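Structure (with erythromycin).
The residues of the chain are indexed from 1 along the displayed sequence. Reckoned from all heavy atoms, side chains included, excluding hydrogens, waters and symmetry mates. We count ligands from 1, going down the list as the structure has it; atoms in each ligand are counted the same way.
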Amino acid sequence: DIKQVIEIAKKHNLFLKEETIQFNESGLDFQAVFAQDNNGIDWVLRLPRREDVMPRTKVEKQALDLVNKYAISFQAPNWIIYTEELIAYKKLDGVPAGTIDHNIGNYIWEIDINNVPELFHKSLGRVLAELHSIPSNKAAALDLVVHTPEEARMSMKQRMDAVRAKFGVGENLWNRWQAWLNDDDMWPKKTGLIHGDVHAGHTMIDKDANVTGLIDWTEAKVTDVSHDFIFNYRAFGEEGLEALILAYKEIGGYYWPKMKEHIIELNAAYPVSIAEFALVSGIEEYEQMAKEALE
Ligand SMILES: CC[C@H]1OC(=O)[C@H](C)[C@@H](O[C@H]2C[C@@](C)(OC)[C@@H](O)[C@H](C)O2)[C@H](C)[C@@H](O[C@@H]2O[C@H](C)C[C@H](N(C)C)[C@H]2O)[C@](C)(O)C[C@@H](C)C(=O)[C@H](C)[C@@H](O)[C@]1(C)O
Ligand SMILES: Nc1nc2c(ncn2[C@@H]2O[C@H](COP(=O)(O)OP(=O)(O)O)[C@@H](O)[C@H]2O)c(=O)[nH]1
Ligand SMILES: [Ca+2]
């Protein structure tokens, strides 16, 4: 694989320090290779795991084009090389806030989970408010999923019905979901460009736990911004959720009075996502997580 990497890089006019090549296999869509070029700059090489690379990454690249065009408070991958055989970009500054350990079923944290630095929330709030305000509507030909506020609500309604039809859903959980769907005042009246897979493994931080970059824009779309807040709630609890909401609101992010409550209900719909992923991915672990999560 190392020899293959060097050759693939060479074909794309990328020349590496062989001794620096390291593999990261945590991605389900790409093998990721870290390597320095001959000027000592750190690169990430995305080697696709499945065919039809161009069609399958078109959406992500459109989102990255928007972020690279508009955003200044955080870095996002800037694909200098982009072919069916290789995506390569300069590695973002900083390190992941945490990485998922699948055996343990939780994070290996770079930050102190018992004393989370308040700068993490302040900086993530800035990042998300900037991201969610990007004017995606100004693009001439976007292939991203784009929802109005009403469409985002109907999307959830439909996704829930589809999960119910295939997996079934416990009566009380279903009723909670429906109460959320039916409560007008809880739903946001603005949507935005989201990252869609915001979590510690994708949030790059500096030594002070400032979020300085976001990787992996596979799930980018224009919809309810709430999905980008779920990680804070699940990792840090209500306090971390409140801190992020506060920072986001105060820097000018779209805020509505029931935003926290809405995000908590979205968190209660976590099983929808697990069930969907089980279906598309065929990964046994997600199938069993889905069965237990749906009750
Ligand atoms: C707290 C600690 C837990 O972290 C979370 O709850 C975060 C906050 C989830 O994101 C939350 C929040 C959010 C928005 O994703 C960031 C949401 O979509 C998912 C379902 O749950 C993560 C990351 C999920 O991943 C995402 O699952 C998607 C179905 C696909 C997505 N990706 C490959 C396309 C992928 O990253 C998912 C399912 O939990 C991963 C599996 C492996 C786990 O069950 C692990 C062990 C988690 O319980 C966790 C680490 O312990
Ligand atoms: N530290 C760091 N890790 C990265 C970077 N880019 C990718 N990775 C790692 O490589 C993994 C796979 O790349 P990613 O684009 O997420 O691929 P996917 O998960 O298959 O869609 C990521 O989840 C990270 O763990 C980067 O700029 N910095
Ligand atoms: Ca990833």
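For erythromycin, the full set of ligands or chains is ligand 1.
Bound to erythromycin with the most contacts here is the chain that the PDB entry lists as Macrolide 2'-phosphotransferase II. The heavy-atom binding site of erythromycin at 4.0 Å consists of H102, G105, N106, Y107, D197, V198, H199, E219, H227, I230, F231, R234, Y270, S273, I274, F277, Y286, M289. Ligand-side atoms of erythromycin in range of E219: 34 (C), range being under 4.0 angstrom from any heavy atom. Below 3.5 Å of separation, one finds no N or O of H202 facing any N or O of erythromycin.
Heavy-atom proximity to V198, at under 4.0 Å, picks out these atoms of erythromycin: 16 (C). Each of the atoms 14 (C) of erythromycin lies under 4.0 Å from some heavy atom of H227. Near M289, meaning under 4.0 Å from one of its heavy atoms, erythromycin places the atoms 44 (O). At least one N/O-N/O distance between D197 and erythromycin falls below 3.5 Å. Backbone and side-chain nitrogen or oxygen atoms of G105 are examined, and one is located within less than 3.5 angstrom of a nitrogen or oxygen of erythromycin. Checked by distance only, erythromycin and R234 come closer than 3.5 Å through their nitrogen or oxygen atoms. Interface atoms of erythromycin facing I274, defined by a heavy-atom separation under 4.0 Å, are 38 (C).
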